[PDB]
Amino acid sequence: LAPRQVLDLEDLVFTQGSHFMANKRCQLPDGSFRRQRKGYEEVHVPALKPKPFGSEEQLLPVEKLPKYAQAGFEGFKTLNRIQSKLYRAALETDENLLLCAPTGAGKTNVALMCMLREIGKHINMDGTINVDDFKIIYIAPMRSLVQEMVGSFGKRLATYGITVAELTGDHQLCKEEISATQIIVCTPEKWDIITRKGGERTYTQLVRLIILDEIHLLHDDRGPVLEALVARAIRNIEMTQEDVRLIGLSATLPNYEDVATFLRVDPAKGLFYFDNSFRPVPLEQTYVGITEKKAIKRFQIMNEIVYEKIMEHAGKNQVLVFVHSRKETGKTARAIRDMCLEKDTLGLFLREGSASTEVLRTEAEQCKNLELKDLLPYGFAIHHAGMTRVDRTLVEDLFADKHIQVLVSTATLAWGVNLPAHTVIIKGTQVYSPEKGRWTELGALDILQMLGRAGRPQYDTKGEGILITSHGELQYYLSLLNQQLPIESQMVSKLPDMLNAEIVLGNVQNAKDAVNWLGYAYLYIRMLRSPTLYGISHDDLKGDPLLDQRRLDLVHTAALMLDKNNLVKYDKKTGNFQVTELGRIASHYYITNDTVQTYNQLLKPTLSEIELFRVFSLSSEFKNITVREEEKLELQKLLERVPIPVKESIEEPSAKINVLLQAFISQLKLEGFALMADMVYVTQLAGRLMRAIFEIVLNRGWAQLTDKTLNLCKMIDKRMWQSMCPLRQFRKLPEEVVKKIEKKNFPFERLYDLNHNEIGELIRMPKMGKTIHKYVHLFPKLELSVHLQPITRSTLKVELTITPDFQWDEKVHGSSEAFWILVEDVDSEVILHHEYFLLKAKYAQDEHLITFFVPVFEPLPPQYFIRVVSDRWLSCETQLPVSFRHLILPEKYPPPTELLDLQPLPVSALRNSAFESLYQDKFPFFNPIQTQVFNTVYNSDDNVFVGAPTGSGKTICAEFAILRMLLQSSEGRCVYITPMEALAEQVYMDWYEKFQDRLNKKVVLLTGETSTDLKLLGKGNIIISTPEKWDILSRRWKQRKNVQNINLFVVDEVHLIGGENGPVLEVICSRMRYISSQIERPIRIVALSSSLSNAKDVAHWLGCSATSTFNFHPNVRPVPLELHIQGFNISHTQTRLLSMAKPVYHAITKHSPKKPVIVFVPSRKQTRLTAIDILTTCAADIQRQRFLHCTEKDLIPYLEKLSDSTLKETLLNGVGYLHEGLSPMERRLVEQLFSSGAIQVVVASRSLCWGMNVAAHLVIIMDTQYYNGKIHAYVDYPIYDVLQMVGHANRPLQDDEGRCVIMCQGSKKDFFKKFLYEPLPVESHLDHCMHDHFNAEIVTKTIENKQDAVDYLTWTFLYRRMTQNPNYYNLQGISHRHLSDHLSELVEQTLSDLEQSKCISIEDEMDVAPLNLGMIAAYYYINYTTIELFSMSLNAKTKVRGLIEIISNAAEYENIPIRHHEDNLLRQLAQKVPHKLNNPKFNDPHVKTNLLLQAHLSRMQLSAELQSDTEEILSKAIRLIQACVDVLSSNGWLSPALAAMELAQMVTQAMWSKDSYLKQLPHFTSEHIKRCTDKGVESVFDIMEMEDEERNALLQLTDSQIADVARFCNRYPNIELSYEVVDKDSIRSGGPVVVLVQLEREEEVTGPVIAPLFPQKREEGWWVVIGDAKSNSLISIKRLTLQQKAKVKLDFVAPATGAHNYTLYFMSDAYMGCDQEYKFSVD
Ligand SMILES: Nc1ccc(S(N)(=O)=O)cc1
């Protein structure tokens, strides 16, 4: 860091702004002549003769340019000279251009050619244009110019089918229909504001081309805005590494080549400069300058000058007279009218049609308003933006058809429309500037544009340009209009405000980056090329050619200002910058840094409305405003009429600004023309300044001032006071009708309770009654409902339900309405919590559930208030008290168990040498938690709880308990449960190699199927399982011996009991406790957990003493964690995500530049995007490959495996990523490289946070929400997922500390600050999941009566918490009476539900018994509502089609998620599948499971996540189908039962009901089968009996293909069937009939069922069925799995009268074409 020096900026700045001329000298063309007059002097420069054509360079006729570019040039047959000299550069290259041409030369159509080139790269063959793939931004300088640019461009690109729309003004949070526009047209200041936001990439992602029209605005006071835009754009292009083409369009002024440098233009390829010869129509010009200072006489001179120049054009010649006041237009038109008539009606009949050549047309349109009507009968007309509206557009008409001879207009016309006159006269050049608080000389931009309206391109060969101005000082205008006024940099003027925008953006983090930023500015180039202009000496430049000192000084000076005004924290030493919230707001709302200081110094929570209007007045953007003498009176009359007192402020600027704002809200008409210009200036600014004060004050939680300031923003926008009728906000309601309701002492709210007749009677306007009714019901209105529940004594969880109660109209509300959810304390003094809420039109009249947490303080208040205020509408709010009167706070939690700084335990504390051998090579001692826990877990047989921050190494704490069991028992039995499967598979691998390879005990992992799980539980010493797998086993604990005699039972992550799928965990742990006390040979419970606030309750529950319960606080974590929480106030998720991109990189460089980093992102697509962004930012930081820590050839053997191209590319650059579309191998590979240190950064999706055996030094969580398609909203990550992610920032061996940065919405910030720094409180949710467990317990006779059900509950964790946190479970009170009452009402409701669902029977009000439906639900582990639904929907006539629908409606498929835009995807799927659904909602998980079920049968391949869902669906499809069989057989329906069995075999093989049986064979296709049906092969048996040479002769093959096909036929069921009727003769009506089926196969069975498309290995299952096919009668059924051979017995009851015809059916649940049928008869 080099020494610095503070500069005087007011000395280096070009004070005079745009009017600055560094052009000390000057020259003139050939015609020099000047005429001296009395009062003034005339200067003449003649129109340049046209330059002869150069070598070739002929005009390019439209046919020459490409066929696709033909369109958009209708009306043209050839291109202009300019447009031809660069058709090649514009259309055939992508090079950056800078075009210098005179105004009117047609630079427009050059830019259009550039635009058409971009459109040309998305022609799409037959589809019109890939319109959603690109975007073009067009920066124009004036608002009026923008609007007509849109008009014209739309006319040219309609044939292309392209949307070009305006984006300028103040419309904040601009509509997402900008996604529908491809050419955004705007002003620089607007585009600067949009790109200051951060999420800019949401707009600019697709921007392939930006155009800078009238780029010579650089020299203007507005110039820095242009410098910022381009410097920002250029830098962003470097950071995305995505090409954006820049086109500069400029007027012919000096320094242009330096602008070409600025725009990264190649001088040789993309620079074009054309002098004044290339004007559209040659211009003869007069520059009259007045030498007379006397004010009144000065303007008489001027008026005399206008007069005589007009008259040199009598008949067929039009004159435009530009002036500089909305009203001066008339006082000049009538003045020349007074000048002409007075001197003998001078040259009248301007329209030389005394007999109506243009009089008949000018008197026919005469009935248009005020001054127009006056001047219309003859040649005079007028034009201004003075709200003249459609008149001025029909003045454009008549002036176009050259009827109107003389038009005097404001500058607006010159930019706004395309009408040129033969001669133009500009009068005065003086302009009032509200910002400077005075008159100044007008903008170079303005002059150039209007003077370039001289000479009609088609109707004129010459143009006359008269510029009237003051003689003194002004040949400025001559050099301006004759290629001589240079373009300079004004950057010093606005340096601190620009610096701040770049700091807030994250683009500059310190002084160093700041001087680099300056290097991208236009200022830099100019300081190098003209150091003397910019206050630098040639000697400084010589010894410092890059201007390091100057740029550092410049930056340091600015930074000091920003630090002083509290926008930026800046220290002299490091040169580092820190953004403050004040700076963030200042940048975003474009407010100068002086103002921020004032606001900060003045705003306080008790500001009055009177004082708030004062603070607005003191804003620095008003600092030059004064109170003139000639307005003193009008100001005093305004004051009396406005409502807010303006105290102590006499007529000072402060007071004037104050009443100017009030007068604007009050809609008071003005007459003072200086005053009107000042009002437009403060009122156009008032929106942003107010909104800035709003955000400042909202963020400090200031309740009263947030209300005041928000209302103030709404009042300025709606132009009405808060105390008028809300109905004024509807524009289409006649204003006198509204003032009529205000004239009553009548609350608006009451209109809701009146019909259209009572309303009409109230206003005594009967006609108006119905419309007022309509609008009353259009007004936004929300209803609120709250659901409260205490989490701890300091915090409560709040579920706010928001219910829209109004009629939606898109003409009034548009596509959405926004609201602020605020929660305030009792006194309404503090905002405890707030958040934005967006009510989309799509989901109006739809419930909305917002969940959040609020703080509370032990001497509790009676109420909090929740207000939901609209962000745009006045008087649109709804309030809801939240009573704390009956609130019961939870029991205060005990202190954490003290961490004992013991001497670290050595590995030799394990005495066993075999045991030590698997720890000694990794580490010498155990961590302080491991050593403290050691004596109790390794030298006891008793129950223990371990609560430590995730990462503390709790895994081996359980390993202690396992080793200790192995010591005690030879063939010990240990069951380990983890809530997550991905965790189970991780511990398996880790313990298999530890306990089976090293120690040779058995380690097994339970699976989906029960039989093979029972054997695994048999021979296993270590049983790994998830809770449901163990639930389905341990239900039958009475019957399965192996479940009882287990020695050690381990539960990991027991805090997950509080989460989703937590009840099943709670059930099985409780069962294990019950078994233990009921067998009197205790089972050892070891429970591992994250730090719990309520560990005592978990300890008591699992039978742990306090001395054997270890619960450590998060701040005692072996490796100290440094946690940072970073909020982003951005509601729109996709935007928020994008704006996190840079902070992600900055976190890596700040917190872990050398050590490993994991970045968690919310999705698959984001994982790839984030990694690519890190890479591209790396390269723009010039440190490309800085995350690679080996050579490329080190990686290449591993990368060769991978099949993702992009994954190779990123890894090659040091960054990996992990999503679920990668192979399990590809993921193992990436993890290996990461752990090795080779690659420094992995980006992973959150779903993978459980299945990653990888640790970093820095974990970054990039957003904490994900999309829920089911409720059309983004929802928060479970705190369990976040805790798990954070636990990854943990490397005990190498790191002194772990770091974690969590990036989230501001609405989520306070939440993380609580539940990450403190132990986590957990509750049960078993009460909302009670049915399936009661049903199972009743089926196994563990529950026989109501009392047993109450007793069962005493073993749960639910039972414990109910006393501790009653209001959480809806216990109104904590007495023992309340507990029993609740437990009883709970068992009552559950048992009554189970009975109504036909699962159980309640008898004598106390006893319960299992029924058929209950028994099948427990047997297949199916939810009770599912088999309730099955029995409800199944009938005698259901086919496979209805079966699929029924099964996909199961409640197990309720948790199949709907993801972002999966609806569009599923809608397409619906049109591709065989069966079409009726009224299908595409955000319905059951609709999706249906579609996926058909997609799987049709062998379609889909998105990766749709295939994961297809796998989840299939993982349950078989058990559900078997249930259907059971229910159908119970009802005795034959056909549906057989159908369900076909479904099982056709789900397995993944084929349809009438698909060829050959599809089961590998490698076969419809191409193959076609030649198989032709020869006569239809069955699998038919290829089986074929002899080898003939077999592969049928079609194509390979040695490996035939090998697989043959392998299939050796596992295919070759079974022979044999049957007999036992005592077939002595059988009688009503008696028993016994059918004995013998099954045997000519093969010894070994090998699972082969089914590549079914993702769960299953064994052959069979149904033996007997039926009557005539009556559709299922007589008897049996389900079996046979192995080699087996005897099957099944009986039934004989009917009457002898002979009956029966059928025996043999049915697979795994293969098609195996089904055998045998018919027979009896009696
Ligand atoms: N402007 C703004 C402020 C706060 C939030 S918040 N609290 O919802 O994140 C969003 C936008």
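Residues take their numbers from the sequence shown, with the count starting at 1. Computation of the quantities below employed the complete heavy-atom set of this structure, encompassing side-chain atoms and omitting hydrogens, waters and symmetry-equivalent molecules. If you're wondering, the header gives X-ray crystallography, 2.7 Å. In listed order, ligands and their atoms are each counted from 1.
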S.K.: Given the options aminocaproic acid, dimethyl fumarate, sulfanilamide, which is seen at ligand 1?
M.R.: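 Out of the options, sulfanilamide.
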S.K.: In this PDB structure, which macromolecule forms the chief contact with sulfanilamide (ligand 1), named as in UniProt?
M.R.: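 The chain with the most contacts is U5 small nuclear ribonucleoprotein 200 kDa helicase.
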S.K.: Which chain residues come within 4.0 Å of sulfanilamide (ligand 1), judged by heavy atoms?
M.R.: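 Heavy-atom contacts: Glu695, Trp820, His834, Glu835, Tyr836, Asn1129, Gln1305, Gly1306, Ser1307.
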